[PDB]
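All residue numbers refer to positions in the sequence shown, counting from 1. The analysis underlying the following values was restricted to heavy atoms, covering all of them including side chains, and did not include hydrogens, waters or symmetry mates. Every number for a ligand or one of its atoms is a count from 1 in the order of the listing. When the header is checked for method, it gives X-ray crystallography, 2.2 Å.
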Amino acid sequence: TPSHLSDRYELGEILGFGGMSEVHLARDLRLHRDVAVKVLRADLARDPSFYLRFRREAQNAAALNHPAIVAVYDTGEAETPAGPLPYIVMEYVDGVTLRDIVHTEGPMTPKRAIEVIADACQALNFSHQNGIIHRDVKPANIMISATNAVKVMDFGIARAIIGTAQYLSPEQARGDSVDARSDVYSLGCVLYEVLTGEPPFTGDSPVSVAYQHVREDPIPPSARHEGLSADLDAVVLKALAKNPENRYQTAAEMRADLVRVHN
Ligand SMILES: CCn1c(-c2nonc2N)nc2c(C#CC(C)(C)O)ncc(OC[C@H]3CCCNC3)c21
Ligand SMILES: [Mg+2]
């Protein structure tokens with residue numbers, strides 16, 4: 001992790017990190033603008049099993065051009081003493097995730113949660129229309145900028161044409177085929193959690209959470225948290241239907257129903 005990548009992007013403070021990658025705030029010295037740079041860890045940057053996933057993340061994200069989807073600007077490899085260092089240059093979102101918001105400020109107001117999630121539906125529907133399934137819809141992958149613009153990010157496991165158990169769908173868990181309606185389900189879990197302050201199913205173990213996704217129906221949000229209408233309950237519970245046929249068939253359908261509740 002040198003000071004500059006290709007004598008172009010001067011890395012700044014770290015914004016976040018996971019098991020395989022990290023994300024820095026950086027400065028594009030040619031264009032004189034702030035960008036975010038996602039870097040593949042050198043600790044295990046040799047394994048082509050990762051190298052392909054990282055390159056494929058950059059391509060899937062770059063295939064999408066949408067205001068609610070973090071934009072990819074560039075990509076390459078930085079020459080380092082340890083070897084080649086892959087990196088993705090992308091739009092910098094000066095904001096916080098829904099995970100941070102719920103953890104520090106508790107559930108959102110119904111009016112706001114509907115607007116944020118309705119914007120996320122648009123991003124996902126656009127992705128689905130272009131043949132890319134996110135697979136990792138969760139509160140940590142949706143951002144709200146200082147502009148209050150919603151930004152979906154982290155395509156790291158997106159499929160063209162696993163995630164956290166509390167947000168997996170009955171089909172995404174257990175390896176079955178996943179389609180747009182699987183992202184809808186995950187988005188329903190996100191909506192459930194920004195409204196009530198907790199996801200629909202918690203458990204001491206992953207198999208405990210997975211089992212509930214398949215067999216147990218969710219507690220209606222209005223029962224978990226006050227100030228929640230019965231019309232919002234229906235939207236959330238339809239997104240959390242067990243059978244894909246009963247869910248919203250597209251993220252756009254889910255958004256249309258959220259607008260009805262708002263208005
Ligand atoms: C660190 C936050 N963060 C950001 C940005 N933060 O400000 N501007 C950003 N852009 N982008 C990502 C991506 C990505 C991607 C593409 C679109 C190229 O696929 N993946 C992951 C990120 O955090 C990881 C989260 C995950 C959970 C805990 N650590 C923080 C990102
Ligand atoms: Mg993430």
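Per the PDB entry, the macromolecule making the most contacts with ligand 1 here is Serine/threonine-protein kinase PknB.
In this structure, the drug modeled at ligand 1 is GSK690693. The 4.0 Å heavy-atom shell around GSK690693 contains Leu15, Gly16, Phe17, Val23, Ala36, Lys38, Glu57, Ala61, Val70, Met90, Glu91, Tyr92, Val93, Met143, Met153, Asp154, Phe155.
Looking from atom 20 (N) of GSK690693 to the surrounding protein, the closest heavy atom is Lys38 NZ, 3.1 Å. The nearest protein atom to atom 18 (C) of GSK690693, hydrogens excluded, is given as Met90 SD, 3.7 Å; this is a heavy-atom distance. Among protein heavy atoms, atom 15 (C) of GSK690693 sits closest to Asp154 N, 3.5 Å. Of all atoms in GSK690693, numbered sequentially from 1 with element shown, those under 4.0 Å from a heavy atom of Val70 are 10 (N). For chain A, a heavy atom less than 4.0 Å from GSK690693 occurs in the following UniProt Mg(2+)-binding residues: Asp154.
Other ligands and ions with an atom less than 4.0 Å from GSK690693, by number and name: ligand 2 (magnesium ion).
Considering only non-hydrogen protein atoms, atom 9 (C) of GSK690693 sits nearest to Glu91 O, 3.6 Å.
From GSK690693, the nearest residue that UniProt flags as active site in chain A, along with the heavy-atom distance to 1 Å, is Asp136, 7 Å. By the definition of a contact as any protein heavy atom under 4.0 Å away, atom 24 (C) of GSK690693 is not in contact. In terms of UniProt domains, the contact of chain A with GSK690693 runs mainly through Protein kinase. Measured by non-hydrogen atoms, the distance from GSK690693 falls under 4.0 Å for these UniProt ATP-binding residues of chain A: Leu15, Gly16, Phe17, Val23, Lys38, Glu91, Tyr92, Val93, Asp154.
Nearest protein heavy-atom neighbour of atom 7 (O) of GSK690693: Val93 O, 3.2 Å.
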